[PDB]
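Below is Adenosine receptor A2a with etrumadenant bound.
Position 1 is the first residue of the sequence, and the numbers go up from there. Counting convention: from 1, in listed order, for ligands and their atoms alike. All heavy atoms count here, side chains included; hydrogens, waters and symmetry mates do not.
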Amino acid sequence: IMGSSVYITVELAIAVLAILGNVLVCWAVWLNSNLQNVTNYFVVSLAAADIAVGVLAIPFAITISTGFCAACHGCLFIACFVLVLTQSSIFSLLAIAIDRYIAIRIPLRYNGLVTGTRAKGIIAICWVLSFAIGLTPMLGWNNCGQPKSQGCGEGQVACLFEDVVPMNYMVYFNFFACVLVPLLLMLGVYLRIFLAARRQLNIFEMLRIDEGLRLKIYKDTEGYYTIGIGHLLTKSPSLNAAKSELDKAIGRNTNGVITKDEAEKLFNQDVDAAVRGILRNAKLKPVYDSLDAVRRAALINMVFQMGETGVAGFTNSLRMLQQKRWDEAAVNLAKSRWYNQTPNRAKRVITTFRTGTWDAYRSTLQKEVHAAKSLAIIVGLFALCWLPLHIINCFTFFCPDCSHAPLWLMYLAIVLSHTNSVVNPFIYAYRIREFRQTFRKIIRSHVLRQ
Ligand SMILES: Cc1c(C#N)cccc1-c1cc(-c2cn(Cc3cccc(C(C)(C)O)n3)nn2)nc(N)n1
Ligand SMILES: CC(C)CCC[C@@H](C)[C@H]1CC[C@H]2[C@H]3CC=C4C[C@@H](O)CC[C@]4(C)[C@H]3CC[C@]12C
Ligand SMILES: CCCCCCCC/C=C/CCCCCCCC(=O)OC[C@H](O)CO
Ligand SMILES: CCCCCCCC/C=C\CCCCCCCC(=O)OC[C@H](O)CO
Ligand SMILES: CCCCCCCC/C=C\CCCCCCCC(=O)O
Ligand SMILES: CCCCCCCC/C=C\CCCCCCCC(=O)O
Ligand SMILES: CCCCCCCC/C=C\CCCCCCCC(=O)O
Ligand SMILES: CCCCCCCC/C=C\CCCCCCCC(=O)O
Ligand SMILES: CCCCCCCC/C=C\CCCCCCCC(=O)O
Ligand SMILES: CCCCCCCC/C=C\CCCCCCCC(=O)O
Ligand SMILES: CCCCCCCC/C=C\CCCCCCCC(=O)O
Ligand SMILES: CCCCCCCC/C=C\CCCCCCCC(=O)O
Ligand SMILES: CCCCCCCC/C=C\CCCCCCCC(=O)O
Ligand code: NA
């Protein structure tokens, strides 16, 4: 068996798996409305680039592995086309990372800023930028436009990737600026996502989950100006009047904007007032005195939502809370009008009473980042599959007199880069239930017919 035949077979097998697997990804998104979110718009765009890897880029790499004679501009397209697909993948991976950070940073206002129309515009722009970046050698930055391989006739060059694509482009422009910098930005974004889910939980973070945190002055449900965690500023219909109240409480001219620490200090003063009002109430003080620090925060949470008078009306639940009958107090509180009006917030507060822990709010944070862990794996696989080729290009560039990397390492690094166009659909099937369920439906019904 020829050594070339095993390289062709492996490349064609990767191409088939890249097409079939990523067609299934787009097919699943088109079929399942539950998969038609903005995050999957970039997943589809990422899959579209991987489909093109198996249809064009991999056949292109096979032809230029021979170094045949061809025109300069025509040879550059065959060599630089995969640079367009890889750049579009980087933009799609960077967009997914930023999208998931917005999802955990402003989880209540995520859908107002992140829209489908905006995503399609970003995708269309990034594809234009990917062609400009990937096909930069065709616009002049090439090595076949200067008079001087030999044995091909003039106007024709030996179509080898390292012969026609400049190495300083492959290292400075492509690797350092267009690959390494986005990969490091994606690393910091995902790190920042994971740290926010691992944040310390307290009364400030609990109410931030229940009532939101806003550092800019906004209008509440009643049209009144608010800041921080539900801190009413004024009933007046003047933002200037609200800013004057905000500046009087912060101690600095804010122009309606405050820092997170100032919102925490403002919220801390609101807790002190709610605690002062609880202690002066003869119904609430005995219960509050008996509760632990966490369960006291759940009682303050109720006061912030309904008021001391409204909480004092829970005569039966308050006595069972004071008697440390957590499970009995949970059943009683669940049968209240407060539970029916806002069950999600009530269930989190009731769970706090049962356990005395922050588990209900920790689980809220963990649910917001579970998708980010799977999508972060895809970025690491992209880095793992492409960095060997980049590092070698650096060795050839910065050590010209060095011995070039051996042929088997070239074949391995190039094939490993093509393999990355296969791994993503497997990740979706293994870690995303909605993708896995649609994959099974398409396969069992549309493909296998039964
Ligand atoms: C494109 C790219 C990106 C992107 N986008 C990012 C980093 C690096 C690269 C990249 C790619 C190729 C390449 C060469 N070939 C044809 C080929 C196939 C098999 C064997 C051979 C031999 C005989 C060894 O020359 N040649 N296919 N890709 N070569 C180099 N230095 N870098
Ligand atoms: C540590 C990482 C994140 C940043 C450093 C960039 C790395 C990837 C680049 C920058 C400089 C590069 C070169 C530094 C110097 C050497 C020596 C030279 O005989 C060949 C390559 C080689 C080995 C390069 C290796 C890769 C290289 C180290
Ligand atoms: C994250 C995914 C991990 C899975 C990916 C693992 C690494 C990629 C597989 C390489 C095997 C094929 C590499 C060898 C290339 C073909 C064999 C060859 O080199 O033949 C050329 C011959 O020497 C001259 O014609
Ligand atoms: C024609 C387009 C559709 C062709 C599809 C057949 C070709 C499969 C190719 C690549 C695998 C794709 C990535 C792996 C997806 C597997 C999903 C799956 O089967 O998961 C269900 C299983 O029951 C879990 O337990
Ligand atoms: C190899 C290139 C051709 C294969 C890639 C493109 C085909 C797969 C694309 C996505 C499948 C689901 C989207 C198709 C939309 C069909 C439109 C319609 O039927 O109304
Ligand atoms: C999955 C669809 C794409 C596959 C079909 C495209 C055909 C394959 C492309 C060219 C393979 C053979 C041409 C180059 C021969 C290389 C000669 C050599 O190995 O030295
Ligand atoms: C699924 C179908 C995929 C088709 C892949 C086609 C592969 C084409 C590979 C290179 C063929 C030569 C193209 C460049 C020649 C132009 C330069 C010249 O004429 O000198
Ligand atoms: C799925 C179908 C994809 C459509 C494109 C098919 C493959 C195109 C391959 C590259 C052609 C462009 C490279 C050289 C162009 C000049 C060649 C010439 O003019 O004869
Ligand atoms: C232009 C290339 C650089 C952009 C790469 C990706 C950056 C955007 C990432 C996706 C964010 C998700 C959609 C949010 C829409 C942005 C809101 C707006 O238009 O200001
Ligand atoms: C000679 C080389 C010719 C290069 C042609 C490429 C120029 C067109 C730019 C990108 C085409 C891919 C379309 C992707 C945008 C559709 C995504 C969307 O808006 O939903
Ligand atoms: C068209 C959208 C915006 C495009 C800007 C980014 C794409 C890259 C554009 C061209 C880069 C050219 C870099 C010039 C390097 C020196 C030229 C040379 O030495 O030959
Ligand atoms: C995706 C983000 C892309 C950012 C592109 C802008 C950054 C470009 C930075 C410089 C790269 C090239 C540095 C030296 C130019 C080559 C010198 C020459 O040969 O003329
Ligand atoms: C250095 C360039 C960038 C390298 C890739 C950057 C993306 C890293 C993203 C997250 C890594 C994978 C996260 C999966 C969690 C598994 C637990 C673990 O092993 O750490
Ligand atoms: Na890709």
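Looking across the whole structure, one can locate etrumadenant at ligand 1. Using a 4.0 angstrom heavy-atom cutoff, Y7 counts as in contact with etrumadenant. No N or O atom of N174 sits closer than 3.5 Å to an N or O atom of etrumadenant. Residue contacts with etrumadenant for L85 are absent, since no atom lies close enough (heavy atoms, distance under 4.0 Å). When the UniProt adenosine-binding residues of chain A are filtered for a heavy atom under 4.0 Å from etrumadenant, what remains is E162, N393. Close contacts between etrumadenant and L407 involve ligand atoms 24 (C) [criterion: under 4.0 Å to a heavy atom]. Regarding atom 17 (C) of etrumadenant, its nearest protein heavy-atom neighbour is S65 CB, 3.6 Å. At the top of the distance list for atom 16 (C) of etrumadenant, counting protein heavy atoms only, stands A61 O, 3.3 Å.
Transmembrane segments of chain A with a non-hydrogen atom under 4.0 Å from etrumadenant, numbered from the N terminus per UniProt, are 1, 2, 3, 5, 6, 7. The shortest N or O to N or O distance between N393 and etrumadenant is below 3.5 Å. Contact annotation: for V82 versus etrumadenant, heavy atoms closer than 4.0 Å belong to both the backbone and the side chain.
Using 4.0 Å as the threshold, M170 has a heavy atom nearer than that to some atom of etrumadenant. For atom 10 (C) of etrumadenant, the closest heavy atom belonging to the protein is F161 CE2, 3.6 Å. Close contacts of etrumadenant with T86, meaning ligand atoms under 4.0 Å from a residue heavy atom, involve 4 (C), 5 (N). Here is the list of etrumadenant atoms found below 4.0 Å of a heavy atom in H390: 6 (C), 7 (C).
Counting heavy atoms within 4.0 Å, the binding site of etrumadenant comprises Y7, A61, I64, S65, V82, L83, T86, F161, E162, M170, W386, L389, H390, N393, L407, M410, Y411, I414.
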